[PDB]
Every structure is written in structure tokens, then in C-alpha cells.
2 protein chains.
Amino acid sequence: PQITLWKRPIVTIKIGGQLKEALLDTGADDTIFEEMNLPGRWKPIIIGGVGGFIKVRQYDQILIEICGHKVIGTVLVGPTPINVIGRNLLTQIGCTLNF
Amino acid sequence: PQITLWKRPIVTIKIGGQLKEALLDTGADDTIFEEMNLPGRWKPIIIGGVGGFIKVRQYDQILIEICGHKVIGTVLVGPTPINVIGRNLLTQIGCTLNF
Ligand SMILES: CC(C)CN(C[C@@H](O)[C@H](Cc1ccccc1)NC(=O)O[C@H]1CO[C@H]2OCC[C@H]21)S(=O)(=O)c1ccc(N)cc1
């Protein structure tokens, strides 16, 4: 699909058996999700944004289905104000900016 | 241009007679720039992102040239770690996500 930006480019995704919505964020190097029940081991991680830093848990090789497109990559889980699909996963679906 | 996302989608822009680099950020509703003494009046504003909120100065109807494309819109000035072109200006150059 081609997505214009008059509204937030929020898409439907499937992750860890749960249904969720996430923001296609080209400004996000990596994917981050609000608190959620993922399986497996994880490592504490500290990320940064406009307002400062938050502590999150990094999970690797996580299967996501982004708007019917499957991808496997790192997914951080922590106190983000919204679920964000970062460039680490956008590249796998072949996402591009156009103008 | 069509921009892939293996690298940060950073473009060269002209603002207030100054040259700067900024991130094409579909996750940003509005444009935010590091400190710069733009001319004119402004109104205090508080925005929020990952890690909390920051206080910024809001200027309206500011001319930016994004990759040689002129646009006029709101530009926030404050302690952001990186210049971000938000959706308020991306729509004016017709920027879209494609995959
Ligand atoms: C919560 C986000 C969806 C909103 N943000 C845009 C987003 O692209 C920021 C923009 C951004 C970019 C660099 C530094 C700070 C903020 N990226 C970001 O927070 O990235 C962090 C979370 O995922 C990781 O990816 C790399 C950094 C981590 S935001 O910078 O806070 C923002 C909010 C409101 C406006 N008007 C403009 C920008």
C-alpha cells in the first residue's frame, strides 16, 4: 500500500498471539511496544527520545505480522506512549519514503 | 526521491537562512528543531515523546525548504536531540509511505 500522512500511519499488527496497532515510525531506529506478555528471555535496555530515556527489555527474533507482512526482528517492550514500528523492522517489509 | 530506511532518513533543509539536517519522521505529528534563534513571536508549548515531555517555543507559518521543496508550517524549537520533520510538513511535500 501507499500511505499518506494526513493521519498517523497506524497499522494493524499481530505479535505474540495478540492483536495490536502500531505507528510506522521512520524516526525510530528500533521497534518498541507498550507493556505486553511476550515469551522467553530478555535483557534490560535503556533507550532515548525527546523527553529523555526509558528502561526497556529487548527481545530478539520476534515474529511480527505487520499489516499482513511477516517479519522477525528485535522488539523492545517498555513504557512507550504508543507502539512504534522502527526502522529495524520497516526495512524488512520494503518500506520507503516517497516525495 | 524514494528513500529506503537502512539509514536514518535525514535530509538537508534550509530554515531561517540557515542550513540544517533533519529526520523525516512519520512518527512526529509536528516539526521540532534544536535550539535556533528564529525571528519573530512565539507561544510556549509542551510536547511529549519517549522519555517524557519537553518545553518548546512554537512558531507558526515558518518557511522551510526540505530537499529543495518549500513549505510553510508550524516549527517547534526546543531541547530535542535531533531535528525532526513531522507530519505537519511532510504532507505538504506529498510524502508517503510505500511497501
Ligand atoms: C513517540 C514517537 C512516536 C513520537 N516522536 C517521533 C519519533 O520518531 C522519535 C523521534 C526521535 C528521534 C531521535 C531521538 C529522539 C526522538 N523517535 C524515537 O523516539 O525513537 C526512540 C523509540 O524507538 C527508538 O528508535 C531510536 C530512538 C528510539 S517524538 O520525537 O517524541 C515527537 C512528538 C511530537 C512531535 N510534534 C514531534 C516529534
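Protein chains get the first letters and strands the later ones, always in sequence-line order, with residue 1 at the start of each. Indexing begins at 1, ligand by ligand and atom by atom, following the structure's order.
- Per PDB records, the drug at ligand 1 is named darunavir.
- Of the chains in this structure, the chief binding partner of darunavir (ligand 1) is, as the PDB entry puts it, Protease.
- Within the structure, the other chains placing a heavy atom under 4.0 Å from darunavir (ligand 1) are, by letter, A, B.
- The site surrounding darunavir (ligand 1), defined by heavy atoms under 4.0 Å, contains A:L23, A:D25, A:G27, A:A28, A:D29, A:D30, A:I47, A:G48, A:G49, A:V50, A:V84, B:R8, B:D25, B:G27, B:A28, B:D29, B:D30, B:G48, B:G49, B:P81, B:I82.
- Any N or O atom pair closer than 3.5 Å counts here, and B:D30 shares at least one such pair with darunavir (ligand 1).
- Here no covalent bond ties darunavir (ligand 1) to a chain.
- Nearest non-hydrogen protein atom to atom 16 (C) of darunavir (ligand 1) is A:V50 CG1, 3.6 Å.
- Looking only at heavy atoms of the protein, atom 17 (N) of darunavir (ligand 1) is closest to A:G27 O, 3.2 Å.
- Annotation: B:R8 places no N or O atom under 3.5 Å from an N or O atom of darunavir (ligand 1); distance criterion only.
- Among protein heavy atoms, the minimum distance from atom 8 (O) of darunavir (ligand 1) is reached at B:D25 OD2, 2.3 Å.
- Any N or O atom pair closer than 3.5 Å counts here, and A:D29 shares at least one such pair with darunavir (ligand 1).
- The protein heavy atom nearest to atom 22 (C) of darunavir (ligand 1) is A:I47 CD1, 3.9 Å.
- In summary, the atoms of darunavir (ligand 1) found under 4.0 Å from a heavy atom of B:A28, numbered by their order in the structure, are 6 (C), 37 (C), 38 (C).
- The A:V84 neighbourhood of darunavir (ligand 1) comprises atoms 3 (C), with distances under 4.0 Å to a heavy atom of that residue.
- Taking every non-hydrogen atom of B:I82 and a distance limit under 4.0 Å, the qualifying atoms of darunavir (ligand 1) come out as 12 (C), 13 (C), 14 (C).
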For darunavir (ligand 1), what N or O to protein N or O distances fall under 3.5 Å?
from                 : atom 1 : to    : atom 2 : distance (Å)
darunavir (ligand 1) : 8 (O)  : A:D25 : OD1    : 2.6
darunavir (ligand 1) : 8 (O)  : A:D25 : OD2    : 2.9
darunavir (ligand 1) : 8 (O)  : B:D25 : OD1    : 2.5
darunavir (ligand 1) : 8 (O)  : B:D25 : OD2    : 2.3
darunavir (ligand 1) : 17 (N) : A:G27 : O      : 3.2
darunavir (ligand 1) : 23 (O) : A:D30 : O      : 3.4
darunavir (ligand 1) : 25 (O) : A:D29 : N      : 2.7
darunavir (ligand 1) : 25 (O) : A:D30 : N      : 3.4
darunavir (ligand 1) : 36 (N) : B:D30 : N      : 3.0
darunavir (ligand 1) : 36 (N) : B:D30 : O      : 3.4

